[PDB]
Trainee: 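Dumping the structure here so I can ask a few things about it.
One is the number of the first residue; the rest follow in order along the sequence. All heavy atoms count here, side chains included; hydrogens, waters and symmetry mates do not. Header lists the method as X-ray crystallography, 2.5 Å. Both ligands and their constituent atoms are indexed starting at 1 by order of listing.
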Amino acid sequence: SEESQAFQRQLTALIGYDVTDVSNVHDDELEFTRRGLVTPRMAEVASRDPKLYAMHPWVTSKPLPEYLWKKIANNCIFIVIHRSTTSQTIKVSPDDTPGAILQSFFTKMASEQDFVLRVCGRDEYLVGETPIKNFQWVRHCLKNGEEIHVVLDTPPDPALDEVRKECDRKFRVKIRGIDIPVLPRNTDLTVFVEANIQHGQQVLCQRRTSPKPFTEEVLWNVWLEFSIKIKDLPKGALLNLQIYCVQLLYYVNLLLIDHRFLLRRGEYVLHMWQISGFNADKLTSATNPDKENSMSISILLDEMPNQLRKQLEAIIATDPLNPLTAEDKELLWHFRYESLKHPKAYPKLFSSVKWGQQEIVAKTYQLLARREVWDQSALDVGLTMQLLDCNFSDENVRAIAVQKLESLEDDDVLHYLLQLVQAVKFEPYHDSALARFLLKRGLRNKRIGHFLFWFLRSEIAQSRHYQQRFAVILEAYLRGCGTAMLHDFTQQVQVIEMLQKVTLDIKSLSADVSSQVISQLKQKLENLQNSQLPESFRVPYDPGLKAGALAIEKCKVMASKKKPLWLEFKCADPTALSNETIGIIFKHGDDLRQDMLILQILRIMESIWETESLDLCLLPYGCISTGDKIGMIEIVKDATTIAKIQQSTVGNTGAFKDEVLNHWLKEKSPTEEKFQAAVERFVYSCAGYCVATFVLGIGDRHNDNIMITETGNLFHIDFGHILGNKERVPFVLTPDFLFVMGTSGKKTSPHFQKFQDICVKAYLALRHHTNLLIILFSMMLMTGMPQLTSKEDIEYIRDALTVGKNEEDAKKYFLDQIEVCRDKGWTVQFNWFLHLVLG
Ligand SMILES: CS(=O)(=O)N1CCc2c(-c3cnc(N)nc3)nc(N3CCOCC3)nc21
């Protein structure tokens, strides 16, 4: 209890919010949830193999893609084992288990004490009953032309990551009145309260008060009787209360049915959220914690025709953004049992239920009992994600989604993780199938767990609307990850807290860069190192990598908007095969939550291309948003911007020259072996970024924001606020790019023919998952793009994907998007140089 009192304070500094401070609660839902998450936590902590949890092999069941077999000559792989400068390369079959590889080294090449293969310089192990081809690090080594180096050392002790012991009346609501301490608005106004009964973005019923003058205190004492009956209220229905003046000024919500299935009784004083200027924050059950500046509100509570089948199939086959008319919904419902045979159709089918009708909901639940086909069908994440978005508030409907997620291997959980955590924002209750799912998979696997921690912590630090809910989920996870990880997270938290201070301090001291600031960093960073900064820590975007000491020599305040710090660290693992530093950018000013979502979709796309045996060489570098307009950014080594390569020859301003990029490429490559591979890396990376950026609607960029490695890998950066008559481009395929591919004006070459053909395989590969990208894009805007003015913004994604327009016209459409880039030349790019200078 005295020892347990301190532990909670340790949990609190890890979490970033105190899950016991009950100043901002009007019921016990959070505590009920903190209490409810004890079973699933203990049930997973007790269920996980201690060894395989401790070493956490990162593996996959997916086939080794075509492009990685072609890299394997004569069906063998070259493992380079190490020990104490005793290297020895070994030929190994792709299907060889790691235990059966130590058998080749120890038992052959020259009771027992069992050891394991760790990757040199990394907390990454090659253990467990998996073929060597199926470990991702191995695949990573193949894809980038690297060589698999490993140390033969002892397993980590499973003891280190153990845990501490533990009526038919019409519904009515009385609006007493509203209360703001200071009415800021300049002129006099009038105001009314709007009370909506909502279920999953549908307003079932609506009342309004009479308008009264806008004063610091405004009382009504009016009963608002609704059309809906108490019997007819579905679990997860919200009382959404809103203040208007015609303009929405304030909102707050309250679950009419609580977490014990009780109707909500009694007096409530709800502190409300103010409105800037839809958005996941609109939907929160959380009240505003700021009890001194926030508007308050006070209330009190108490077989068919072919024509129709074809009409049904044409509806089931439409994208998720295609609306349903009244006519469509009545068909889906009337033929619900025929609709139940088509998983593709569940989202539209469940959007056709009248949730405000107790008898229909009953019929919907018996209908959910006969879901044999849904269960057997192969997991579609696109379809699954869709039943977990803002349009579905029924927990049983959502359960089926999370059910299908149970099938995911860790590797895939990692792809969709970021947006699964964000999807918790659409849960009506703090305790849900999804929140528990995230908890289990986090507890089951340290890699999932690592990123769960940071994704949750990301939101806890910058969302008043959802911090509490996520805090309960993070706490739950932290209480089962073990002492070791608690130790890593604490170390990592200390570092980023330590380094955020410097980032903000340095920013204050300069509105170009000064000599006094450059030494200020030198000194301040020289200080932190002395003894306060931990010895080493996990890099939060690459948890297998442990940063050690700072390379103060290499650190500087960057000469760019918002004065980010360019920091570099020596690796803390001596078995690392280099003295090459770990580069991190620390920035305040940009909303790096947006970058996270965008980079994670890029990773999603690379995975969609692996399915169709494509590899478009994206470099979605690490990004972790750690607070409000603040976070870190991985440094991709050996890279420079396209704008600066132009500026290295042409100069600080002028006409951009087409020859420069190809000279820069050739000037860096040492041979006709590398350069011509570098050119092949460019053709591919350029295509990928051209396609990905086009579909995401962020293809029109200043080439100061496009980069290239000294090996041909092209990649974009800085993705915040890019989603906002003037000239436009679909993507950046400028004449300098084409020059590398061997074309000029409206000409053509073999490398450009490969470009054109790569883009088309890419663009059609993404169109194969139209729905998936639509859901992920729609969710991204609601949960992470503030300034989400309209759903119209979402409809960009369907246009770009050319929904309902055959494979072949789609080949054409995208070929002509390229042709617009060839026509526009340097002009749009010339306008950005102007724009980023012509204030
Ligand atoms: C070209 S630079 O002068 O070195 N510079 C200026 C800004 C910047 C960024 C960056 C990334 N994201 C965001 N939001 N802001 C800046 N990111 C990066 N990198 C990120 C990828 O690795 C290469 C370096 N470099 C930046």
Trainee: Let me know which of 3-deazauridine, CH5183284, CH5132799, 9cUAB30 you see at ligand 1, thanks!
Mentor: CH5132799
Trainee: What does UniProt call the chain that holds CH5132799 (ligand 1) with the greatest number of close contacts?
Mentor: Phosphatidylinositol 4,5-bisphosphate 3-kinase catalytic subunit gamma isoform
Trainee: Who's closest to atom 16 (C) of CH5132799 (ligand 1) heavy-atom-wise, of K637, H721, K587, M632?
Mentor: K587
Trainee: Is there a heavy atom in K644 that sits closer than 4.0 Å to CH5132799 (ligand 1)?
Mentor: no
Trainee: Tell me the residue and atom joined to CH5132799 (ligand 1) by a covalent bond, if any.
Mentor: none
Trainee: Within the 4.0 Å heavy-atom shell around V636, which atoms of CH5132799 (ligand 1) are there?
Mentor: 21 (C), 22 (O), 23 (C)
Trainee: Quick sanity check for my notes: UniProt domain of chain A with most contacts to CH5132799 (ligand 1)?
Mentor: PI3K/PI4K catalytic
Trainee: Going by the atom numbers of CH5132799 (ligand 1), which of them fall below 4.0 Å from some non-hydrogen atom of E634?
Mentor: 20 (C), 21 (C), 22 (O)
Trainee: Name the UniProt ATP-binding residues of chain A with a heavy atom closer than 4.0 Å to CH5132799 (ligand 1).
Mentor: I585, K587, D590, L592, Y621, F715, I717, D718
Trainee: Counting heavy atoms only, which of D718, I585, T709 is nearest atom 17 (N) of CH5132799 (ligand 1)?
Mentor: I585
Trainee: Backbone or side chain, does any N or O of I633 fall under 3.5 Å from an N or O of CH5132799 (ligand 1)?
Mentor: no
Trainee: Could you work out, for atom 9 (C) of CH5132799 (ligand 1), the closest of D638, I717, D590, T640 by heavy-atom distance?
Mentor: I717
Trainee: In this structure, which residues build the binding site of CH5132799 (ligand 1) when a heavy-atom cut-off of 4.0 Å is applied?
Mentor: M558, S560, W566, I585, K587, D590, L592, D595, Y621, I633, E634, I635, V636, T641, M707, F715, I717, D718
